[PDB]
Amino acid sequence: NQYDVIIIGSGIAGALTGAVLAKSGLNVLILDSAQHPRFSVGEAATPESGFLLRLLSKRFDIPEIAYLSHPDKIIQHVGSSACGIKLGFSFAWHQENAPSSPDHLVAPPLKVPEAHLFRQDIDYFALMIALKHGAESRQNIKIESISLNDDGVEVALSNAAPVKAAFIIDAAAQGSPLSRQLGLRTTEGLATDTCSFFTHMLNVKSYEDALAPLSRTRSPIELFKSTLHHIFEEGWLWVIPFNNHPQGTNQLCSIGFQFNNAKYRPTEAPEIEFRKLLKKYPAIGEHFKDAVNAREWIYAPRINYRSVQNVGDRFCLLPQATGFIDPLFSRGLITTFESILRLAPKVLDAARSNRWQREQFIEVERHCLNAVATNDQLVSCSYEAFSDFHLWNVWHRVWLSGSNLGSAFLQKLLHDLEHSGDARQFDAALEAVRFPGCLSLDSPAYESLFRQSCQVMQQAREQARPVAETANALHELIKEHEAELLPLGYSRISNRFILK
Ligand SMILES: Oc1cc(O)cc(O)c1
């Protein structure tokens, strides 16, 4: 065995995984069929992924990882093109055959700013961290075959000798090449069935210029400085600027749109489908009067999948290779960084004791498969809440209250790790959470609210209930549980901009 671990994929997941393991004294080999620089999506950072990056940084003593958690540190250390800013998520509702109202808006702001990750620059910087810590990288290779045995892993490569290792990690946000070989990938059982078109554009107007200024919306933040979601019956469109930072030099804006395939199936080329969508929703079209594509539109007819298994004796699929649901709420990155945090110490224990059995990595699988299941519920119920604004206003508080509890929990673990400096206590605290993969992590009150809310949403879809009743049902449930949530005034429905 030439190496200890082989990592497929050299984007942010595999790069950070290689960084922490190489730092810890393993001989890592990162493999990739693509080569840097390259384009990538999964751009919206969240407070959770912010804390999880700072946790990775502190747990393994790699300060450069912490730089990726804050837009000012990104600009300073990665580069001035490497991110835009975000002061919150924001959602603006629309319907076919009616003018869009700037009062049909929700946008809960952040205290601490976050990044819109320009992934080509962030991913390359991440690989840099890995390379500087001893990990070998090989780009632009083709994997003929992967063989899993009792004594190791062997990877065959085109125009090169095969490479042997103790363990293999699949960190490809790609078509899960190892999961496709193992036959673990499936669409069966997913509530979500969504397609996606996405690209980067130039000369995209801000929300303030194109639809409605700050004086009309009454928002505490510019929507230009937010992860903007345009939502409507059959799906949603994102507007994620990289050109909204005062110190930034990036001119592009990420643009993507998703359809619920149960409601609408696209039939034509992306650019035709794009012009049809803007005719249907003319207010959304005001963003793109002067706009130009800076790259080819990528179409993906089915973005949703899950896996029945993701760990074995001598392999592990990281969440991005295990399953994906939807870019909505940007749960992809959260699941990924948390999985690396759980997996890394166990792979070290395995390598330091030469024990490679499925049993050891079983809590990595539990977290990952739950996170994809919870993310499926969240998104599918959210796609149903798109049908009316008032319903969306009440529903988004379910996501928000959970997300806040998740964040506060990760602050607690970060604060306790910073104080005590005890890596063993942290690993155990993380594994001992009552609801791994779920939004709150360790709150029985919230997971009660989430479960019953999703039951109300899925019942409302099945029986086609009136939106005013469903909204009230959820409003009651929020009032019932509000004492156990944080004191942010979630039940006050007239407040559409929930402060901290
Ligand atoms: O995007 C987010 C906004 C907010 O106010 C809280 C949170 O956890 C996420």
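Throughout, chain A uses the PDB entry numbering, with the displayed residues spanning 2-501 in order. Computed from heavy atoms alone, side chains included, the values below leave out hydrogens, waters and symmetry copies. Each ligand, and each atom within it, is numbered from 1 in the order the structure gives.
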query: Main binding partner of ligand 1 in this structure, as named by the PDB entry?
result: Halogenase PltM
- prompt: What's the drug at ligand 1 called?
  reply: phloroglucinol
Atoms in phloroglucinol flagged as close to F90, the criterion being non-hydrogen separation under 4.0 Å: 1 (O)
message: Check for me whether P110 has a heavy atom closer than 4.0 Å to any atom of phloroglucinol.
response: yes
query: How far is atom 8 (O) of phloroglucinol from its nearest protein heavy atom, and which residue and atom is that?
result: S404 OG, 2.8 Å
- request: Indicate, as side chain, backbone, both or neither, the part of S408 found under 4.0 angstrom from phloroglucinol when only non-hydrogen atoms are considered.
  value: side chain
task: Report yes or no: does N405 have a heavy atom closer than 4.0 Å to phloroglucinol?
output: yes
message: Tell me the protein heavy atom at minimum distance from atom 3 (C) of phloroglucinol, and give that distance in Å.
response: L111 CD2, 3.5 Å
message: Could you tell me, atom by atom, which parts of phloroglucinol come under 4.0 Å of a heavy atom of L401?
response: 4 (C), 5 (O), 6 (C)
message: Any atom of phloroglucinol sitting under 4.0 Å from a heavy atom of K501?
response: yes
- request: Determine whether the side chain, the backbone, both or neither of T228 has a heavy atom under 4.0 Å from any heavy atom of phloroglucinol.
  value: neither
message: One residue to check: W400. Relative to phloroglucinol, which of side chain, backbone, both or neither has a non-hydrogen atom less than 4.0 Å away?
response: side chain
query: Non-hydrogen atoms of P48 versus phloroglucinol: any pair closer than 4.0 Å?
result: yes
task: Extract the source organism of chain A from the PDB entry.
output: Pseudomonas fluorescens (strain ATCC BAA-477 / NRRL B-23932 / Pf-5)
- prompt: Taking heavy atoms under 4.0 Å, what residues and nucleotides bind phloroglucinol?
  reply: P48, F90, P109, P110, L111, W400, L401, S404, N405, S408, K501
Ligand-protein N/O pairs under 3.5 Å (phloroglucinol):
unit_1, atom_1, unit_2, atom_2, d
phloroglucinol, 5 (O), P110, O, 3.3
phloroglucinol, 5 (O), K501, NZ, 3.0
phloroglucinol, 8 (O), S404, OG, 2.8
phloroglucinol, 8 (O), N405, OD1, 3.4

